[PDB]
Enquirer: 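The structure follows.
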Amino acid sequence: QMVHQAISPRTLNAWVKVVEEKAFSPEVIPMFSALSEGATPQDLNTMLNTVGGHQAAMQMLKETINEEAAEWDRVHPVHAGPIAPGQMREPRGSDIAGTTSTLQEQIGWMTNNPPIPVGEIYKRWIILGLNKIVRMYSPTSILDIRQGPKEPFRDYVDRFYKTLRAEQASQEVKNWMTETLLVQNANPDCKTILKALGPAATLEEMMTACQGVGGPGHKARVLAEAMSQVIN
Amino acid sequence: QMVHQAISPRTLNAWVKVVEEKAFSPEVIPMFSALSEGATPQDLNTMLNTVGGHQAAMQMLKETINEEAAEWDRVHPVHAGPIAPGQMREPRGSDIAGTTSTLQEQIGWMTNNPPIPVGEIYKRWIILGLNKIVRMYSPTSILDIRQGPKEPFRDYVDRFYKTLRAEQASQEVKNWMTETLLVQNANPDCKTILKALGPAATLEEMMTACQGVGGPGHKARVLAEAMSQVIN
Amino acid sequence: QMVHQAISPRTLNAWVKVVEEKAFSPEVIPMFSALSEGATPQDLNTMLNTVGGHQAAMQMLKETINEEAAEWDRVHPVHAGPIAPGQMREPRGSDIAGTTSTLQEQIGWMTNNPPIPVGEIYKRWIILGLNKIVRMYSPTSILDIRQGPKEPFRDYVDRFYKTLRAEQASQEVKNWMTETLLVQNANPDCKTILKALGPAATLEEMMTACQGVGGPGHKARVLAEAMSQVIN
Amino acid sequence: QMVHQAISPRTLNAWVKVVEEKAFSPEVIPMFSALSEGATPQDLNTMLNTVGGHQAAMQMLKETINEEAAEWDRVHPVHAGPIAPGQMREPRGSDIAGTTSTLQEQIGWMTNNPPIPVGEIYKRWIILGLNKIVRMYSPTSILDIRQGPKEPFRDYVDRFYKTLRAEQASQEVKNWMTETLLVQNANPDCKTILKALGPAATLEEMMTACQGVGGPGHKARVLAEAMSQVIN
Amino acid sequence: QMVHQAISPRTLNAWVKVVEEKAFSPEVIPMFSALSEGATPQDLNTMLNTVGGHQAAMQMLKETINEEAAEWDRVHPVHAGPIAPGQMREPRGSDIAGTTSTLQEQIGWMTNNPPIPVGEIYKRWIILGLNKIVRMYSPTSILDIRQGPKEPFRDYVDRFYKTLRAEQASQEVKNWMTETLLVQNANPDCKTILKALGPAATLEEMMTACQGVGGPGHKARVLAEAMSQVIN
Ligand SMILES: CC(C)(C#Cc1ccc(-c2ccc(Cl)c3c(NS(C)(=O)=O)nn(CC(F)(F)F)c23)c([C@H](Cc2cc(F)cc(F)c2)NC(=O)Cn2nc(C(F)(F)F)c3c2C(F)(F)[C@@H]2C[C@H]32)n1)S(C)(=O)=O
Ligand SMILES: CC(C)(C#Cc1ccc(-c2ccc(Cl)c3c(NS(C)(=O)=O)nn(CC(F)(F)F)c23)c([C@H](Cc2cc(F)cc(F)c2)NC(=O)Cn2nc(C(F)(F)F)c3c2C(F)(F)[C@@H]2C[C@H]32)n1)S(C)(=O)=O
Ligand SMILES: CC(C)(C#Cc1ccc(-c2ccc(Cl)c3c(NS(C)(=O)=O)nn(CC(F)(F)F)c23)c([C@H](Cc2cc(F)cc(F)c2)NC(=O)Cn2nc(C(F)(F)F)c3c2C(F)(F)[C@@H]2C[C@H]32)n1)S(C)(=O)=O
Ligand SMILES: CC(C)(C#Cc1ccc(-c2ccc(Cl)c3c(NS(C)(=O)=O)nn(CC(F)(F)F)c23)c([C@H](Cc2cc(F)cc(F)c2)NC(=O)Cn2nc(C(F)(F)F)c3c2C(F)(F)[C@@H]2C[C@H]32)n1)S(C)(=O)=O
Ligand SMILES: CC(C)(C#Cc1ccc(-c2ccc(Cl)c3c(NS(C)(=O)=O)nn(CC(F)(F)F)c23)c([C@H](Cc2cc(F)cc(F)c2)NC(=O)Cn2nc(C(F)(F)F)c3c2C(F)(F)[C@@H]2C[C@H]32)n1)S(C)(=O)=O
Ligand SMILES: C=C(C)[C@@H]1CC[C@]2(C(=O)O)CC[C@]3(C)[C@H](CC[C@@H]4[C@@]5(C)CC[C@H](OC(=O)CC(C)(C)C(=O)O)C(C)(C)[C@@H]5CC[C@]43C)[C@@H]12
Ligand SMILES: O=P(O)(O)O[C@H]1[C@H](OP(=O)(O)O)[C@H](OP(=O)(O)O)[C@H](OP(=O)(O)O)[C@@H](OP(=O)(O)O)[C@H]1OP(=O)(O)O
């Protein structure tokens with residue numbers, strides 16, 4: 001037969017925009033519940049594959065799906081023997097998840113009498129994964145990258161640029177983030193030097209200027225400055 | 001047959017109260033999805049017709065529904081004509097939306113074997129529309145009606161009263177809104193005159209007092225006052 | 001037959017965690033609808049019985065379910081006559097709610113041809129109840145217990161400890177709550193006395209110290225001190 | 001038959017990441033050319049539908065595809081006469097674009113003898129559209145929203161918030177953008193007032209303070225201050 | 001047959017409330033012993049699945065159950081051959097715990113002649129696990145999160161918020177904990193700066209103010225302050 005509730009172009013685009021705009025806020029759960037309703041496991045897998053970024057969250061979701069597939073296998077014993085020509089093989093957990101089943105097999109299960117709603121079972125597994133992601137997963141934010149009090153400036157710059165590469169933004173916005181946040185979120189010892197450097201300093205000049213922060217000479221110099229302030 | 005999941009009086013009232021209390025915040029999407037499950041397209045249309053105000057949002061929803069009906073028609077080719085006497089005509093997008101189908105026809109599709117869940121397909125279309133509304137539609141608010149720096153006071157009053165007529169509130173709250181926000185949200189040039197006029201001033205008196213703001217006489221008078229302050 | 005959408009261990013645990021973490025915030029409505037889909041009324045009742053605390057909310061939910069069951073009974077007239085041996089009895093509202101139906105009967109209704117999705121009907125009833133709870137139910141909070149201006153300190157302490165017993169917290173957190181909030185949220189008249197007592201004062205000492213607040217002696221003493229300030 | 005070059009989950013995810021990371025820089029053209037080679041028009045349409053945002057760009061692509069389909073229809077004259085039972089209908093432009101053709105028909109055209117590579121023809125059409133997008137389409141940027149010299153502060157705030165809603169960023173990043181760019185990109189006349197307000201000022205306070213900029217009172221006041229400097 | 005001592009709704013709710021109120025104080029052991037008496041392994045598994053939080057404790061309980069099942073398998077040799085039609089398979093350790101057995105099999109074992117009380121055997125295994133939890137498991141407490149003498153403020157804040165997410169409390173109580181405990185439980189070096197910041201400081205301002213504690217400039221400054229106190 002055919003699946004009447006196969007996802008339309010606008011449904012898939014709406015799911016993509018939901019993920020892009022809300023990330024994994026709780027609102028993702030009702031949206032996925034409504035957009036994916038009635039769809040085959042193949043359509044749900046398409047929706048899950050359209051998620052860009054958030055690799056850790058998607059790995060969490062995959063682990064949850066595997067656990068639910070194992071639970072399905074535990075609750076459904078394997079039947080050994082020759083299947084009737086009219087009948088078809090009973091779904092397994094991987095068949096529900098669509099890893100070992102074709103679209104035709106999923107449609108056959110969904111439209112059989114009695115029907116096995118493999119799409120809705122898979123949808124509940126995905127919802128469990130999404131709930132786990134919403135509770136536990138925190139996406140990396142370029143706004144959260146601050147230099148540690150004893151962290152070398154080079155290591156902080158490496159962390160900043162790694163997070164910026166992972167950041168969801170336009171390239172112009174990422175350039176503006178580099179121009180604003182990097183010096184702003186440095187630790188005070190490095191920030192003093194960076195401000196003394198001036199606004200026109202390049203990244204290499206900034207990195208050379210802070211290369212000694214925490215070394216013997218810089219420590220002695222700041223200690224001597226503080227002691228001179230005290231004596232005066 | 002009969003639809004076991006037809007909307008109850010409490011279900012319809014809950015949907016009405018959801019729309020009235022939350023407008024089109026994201027919470028409207030789960031509630032609708034929960035409140036309309038297993039209902040016919042007729043019940044869904046009844047739920048949609050109970051939305052008071054937000055006419056622009058309802059128009060956006062209608063456009064989304066029409067687009068989804070067109071997609072359904074594209075995916076489902078029409079038949080040649082030999083309809084089986086026992087069988088019924090296959091639904092079109094308009095039939096899914098309930099514009100060209102009766103309640104009996106929708107029930108027949110829903111309870112047929114194999115079943116066509118016309119209600120659930122229509123629900124998915126309505127959810128797509130509601131998502132578009134939540135993302136893109138902003139209801140007019142009496143709170144953000146402010147007089148422009150060069151806007152005539154009469155035009156501002158007309159805008160304020162149009163928004164107030166569109167506002168969801170009781171008549172007493174609307175009167176209090178008129179007494180409070182109209183003078184508060186005027187521009188400084190008109191606001192000074194209104195303050196000098198006194199609380200007892202009526203709408204006609206305020207409008208007459210502010211009729212000359214921005215004209216040559218008022219501009220000359222304010223410029224002369226500023227010049228006199230400068231000279232002194 | 002067999003129900004393929006029976007709640008798994010992780011589904012039940014997710015529902016328990018949702019109720020514990022979110023109480024009855026609106027997020028409870030989508031989560032329930034997602035976790036409970038396809039389940040029998042028995043699984044729905046299991047989830048409902050897993051709710052610890054919020055007894056008034058659960059009474060509201062029960063009242064809503066009874067009203068929906070009455071609506072179902074009104075809509076479905078009871079038919080007199082012996083049921084066919086192949087057929088089963090038509091469900092009543094109590095049967096959908098699972099009070100008067102066994103799991104076997106629920107599964108038979110859900111997997112019959114034509115099917116009666118008693119699980120989905122009951123789910124919508126529970127959603128109506130949950131929506132009513134979210135709208136109208138506010139859980140008691142230990143943070144909200146504050147001594148009235150003329151309330152005896154003993155009555156305030158009784159209310160505080162009752163609310164603390166109802167509070168969802170660990171014993172250590174409850175002890176810290178007692179150490180912090182009880183004196184903090186006392187009225188000024190008792191609060192000056194409690195501060196004068198000192199940090200080491202026990203509950204009995206605090207209750208004895210404030211036992212006279214509002215009595216003729218305390219009123220006369222505070223009036224005398226105020227008059228001393230005035231005539232100073 | 002079957003299509004061996006159907007897009008894999010990783011191929012689709014790579015396309016999604018390309019669009020999210022590069023927007024429509026020229027690099028999109030090689031990536032799309034390489035990721036979509038040998039795919040059916042259905043897979044191509046899926047990839048096109050996973051593009052979030054850039055609605056004007058997608059409309060441009062749709063117009064280019066429609067014009068290429070019209071060119072195909074011009075070049076290939078529709079032949080009148082029943083098709084051979086072994087043969088299949090020749091594809092039209094809409095068939096290559098996938099609007100009026102099913103996946104089975106596309107596979108039949110691609111795997112026929114002689115083959116009609118509808119996937120590759122559609123790929124070239126999409127590449128033409130993408131080239132037009134890369135040359136002529138500029139995405140909106142929140143960094144580009146600056147208040148005009150005579151623009152009311154209300155209108156500038158409206159434009160800023162519309163562009164921010166359209167911006168591809170996390171909610172925290174959008175909040176930081178509101179905190180940073182709105183006052184920064186205001187015109188000098190509003191900017192001096194906003195600075196005088198202080199950092200703690202809310203949006204409504206900022207919007208009330210600038211409500212009179214450009215009005216007769218503000219014009220007179222600034223002219224008076226300038227004349228005070230001159231005649232000093 | 002049927003299990004006469006299947007857990008009632010009130011039994012399950014009482015178990016949930018026991019775990020919520022008491023966590024894993026020794027009182028859990030008698031309560032579980034009394035609530036679960038006579039129940040099938042399926043019912044006990046339900047009770048264990050209703051435990052929210054304490055995931056480490058539940059993992060310990062699962063390990064104890066697995067060890068007891070292994071001991072059962074060691075003591076009960078596997079019998080190979082054709083089971084009598086009137087007889088059922090002898091239970092294994094996994095069958096006692098209900099992982100590889102169905103409710104029907106458990107009821108058959110429990111009601112057979114001679115009976116195998118699989119529920120009570122499983123109950124003793126669970127009691128052993130609960131005893132191990134009571135002796136060894138210590139739940140995380142937000143009250144126990146204190147900043148180390150050399151710990152960066154950002155790391156301490158991250159630990160605090162992780163523990164707060166795991167804490168059993170209402171959201172309002174968690175907000176109160178954030179407003180009270182975080183500054184209170186910081187180390188003295190950070191607490192001095194935080195107190196100098198003021199009561200209205202946000203989390204970002206607090207993190208910025210302590211970003212340099214332990215860095216060279218801060219160390220020099222505090223050493224200079226101490227030396228100045230000594231010289232004076
Ligand atoms: C052809 C088509 C119709 C199809 C299909 C199709 C078929 C099956 C599956 C699949 C489903 C369930 C499981 Cl449980 C496993 C599995 N279990 S396993 C042995 O442990 O790995 N493997 N698969 C791969 C399988 F089946 F091919 F083997 C799956 C997918 C998933 C959908 C999915 C994506 C996701 F993110 C998280 C999920 F839980 C499920 N997509 C992938 O898995 C590829 N992926 N994975 C991960 C990650 F690791 F981060 F989670 C990532 C991707 C990514 F999308 F690139 C993206 C960056 C993230 N799609 S179409 C048009 O969509 O292309
Ligand atoms: C008999 C009965 C059970 C029925 C039915 C019934 C049947 C069909 C439809 C309908 C459904 C879908 C489409 Cl797609 C079209 C269509 N497509 S079209 C060619 O472009 O216009 N037309 N219809 C009219 C049709 F079918 F009659 F032709 C429809 C409605 C809609 C329900 C609906 C309301 C809505 F807000 C938005 C929707 F998307 C759908 N209600 C209307 O449409 C009337 N409406 N419209 C608009 C607006 F334009 F602002 F959105 C407004 C109304 C309003 F309610 F007054 C309210 C102020 C807003 N109800 S009942 C309840 O009466 O007793
Ligand atoms: C055996 C099993 C499979 C089962 C079942 C099972 C079967 C039926 C029902 C039931 C369902 C619907 C109605 Cl409408 C009535 C009814 N209508 S009536 C004549 O007016 O009272 N009675 N019942 C009892 C019936 F059926 F026995 F008669 C019900 C329950 C409910 C589920 C439920 C819980 C709830 F909170 C609110 C609900 F709306 C429904 N649970 C109870 O009712 C016991 N309960 N009640 C209340 C309260 F009063 F606060 F709401 C409280 C409990 C509590 F859980 F302790 C908790 C503190 C709160 N469970 S299992 C594994 O789960 O144990
Ligand atoms: C079921 C499935 C296999 C399929 C399919 C499927 C089938 C066909 C088409 C399609 C292809 C070519 C043309 Cl030439 C037209 C057409 N020509 S016409 C009469 O002038 O409009 N109509 N269609 C709709 C048709 F065919 F239904 F009629 C098409 C699509 C396009 C793919 C596409 C996307 C795109 F962005 C630009 C394109 F050029 C083509 N997707 C849509 O069209 C929906 N869309 N449109 C636009 C816009 F208008 F902005 F461009 C937008 C969308 C959006 F994705 F939401 C996104 C925000 C942007 N997908 S699956 C798993 O992928 O869902
Ligand atoms: C359908 C139904 C009747 C049933 C059943 C049902 C059937 C079996 C089991 C089970 C029992 C014994 C073992 Cl010895 C194993 C096993 N041994 S193994 C190969 O090493 O992992 N696996 N199982 C899963 C099995 F059998 F399905 F494979 C089990 C469970 C357990 C009950 C249980 C919970 C628990 F906390 C600790 C236990 F010791 C036992 N529930 C789970 O296990 C799922 N779980 N696990 C863990 C953790 F890992 F943290 F401990 C957590 C959960 C959680 F509940 F989510 C919660 C957060 C914590 N329930 S119902 C109405 O209740 O849903
Ligand atoms: C004779 C006098 C009493 C005094 C004594 C000497 C004097 C002085 O020192 O005070 C020299 C300066 C002047 C001439 C004043 C008179 C007033 C004028 C005036 C206020 C006149 C109104 C004019 O305004 C416009 O044209 C309106 C405007 C918005 C610019 C438009 O139309 O585009 C401007 C240009 C703003 C001038 C500035 C110069 C001065 C101060 C004189
Ligand atoms: O629009 P504004 O900037 O607020 O000022 C305008 C405008 O001056 P601008 O050139 O700065 O825009 C007019 O144009 P100019 O003559 O100065 O070039 C001017 O005179 P005209 O209208 O005769 O051209 C006069 O306009 P008005 O006659 O209405 O006073 C004036 O004041 P307004 O703001 O009130 O328009």
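Sequence lines set the chain letters: A, B, ... in the order given, protein chains first and strands last, and positions in each chain run from 1. Be aware that this covers only part of the deposited structure, with contacts counted strictly within it. Remember, it's 1-based here, ligands and their atoms both numbered in the order they're listed.
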Enquirer: What drug or investigational compound is present at ligand 4?
Expert: lenacapavir
Enquirer: What is the identity of the drug or drug candidate at ligand 6?
Expert: bevirimat
Enquirer: In this deposited structure, which macromolecule lies in greatest contact with lenacapavir (ligand 4), as labelled in the PDB entry?
Expert: Gag
Enquirer: Help me out: which other chains have any heavy atom nearer than 4.0 Å to lenacapavir (ligand 4)?
Expert: A, B, D
Enquirer: Which residues count as the binding site of lenacapavir (ligand 4) under a heavy-atom cut-off of 4.0 Å?
Expert: A/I7, A/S8, A/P9, A/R10, A/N13, B/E71, B/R74, D/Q42, D/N45, D/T46, D/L48, D/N49, D/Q55, D/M58, D/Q59, D/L61, D/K62, D/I65, D/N66, D/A97, D/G98, D/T99, D/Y122
Enquirer: Decide whether an N or O pair under 3.5 Å exists between D/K62 and lenacapavir (ligand 4).
Expert: yes
Enquirer: Decide whether an N or O pair under 3.5 Å exists between D/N49 and lenacapavir (ligand 4).
Expert: yes
Enquirer: May I ask you to check if lenacapavir (ligand 4) and D/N66 share an N or O to N or O distance below 3.5 Å?
Expert: yes
Enquirer: So, is A/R10 polar-close to lenacapavir (ligand 4), with some N/O to N/O distance under 3.5 Å?
Expert: yes
Enquirer: Under 4.0 Å from atom 12 (C) of lenacapavir (ligand 4), can you find at least one protein heavy atom?
Expert: yes
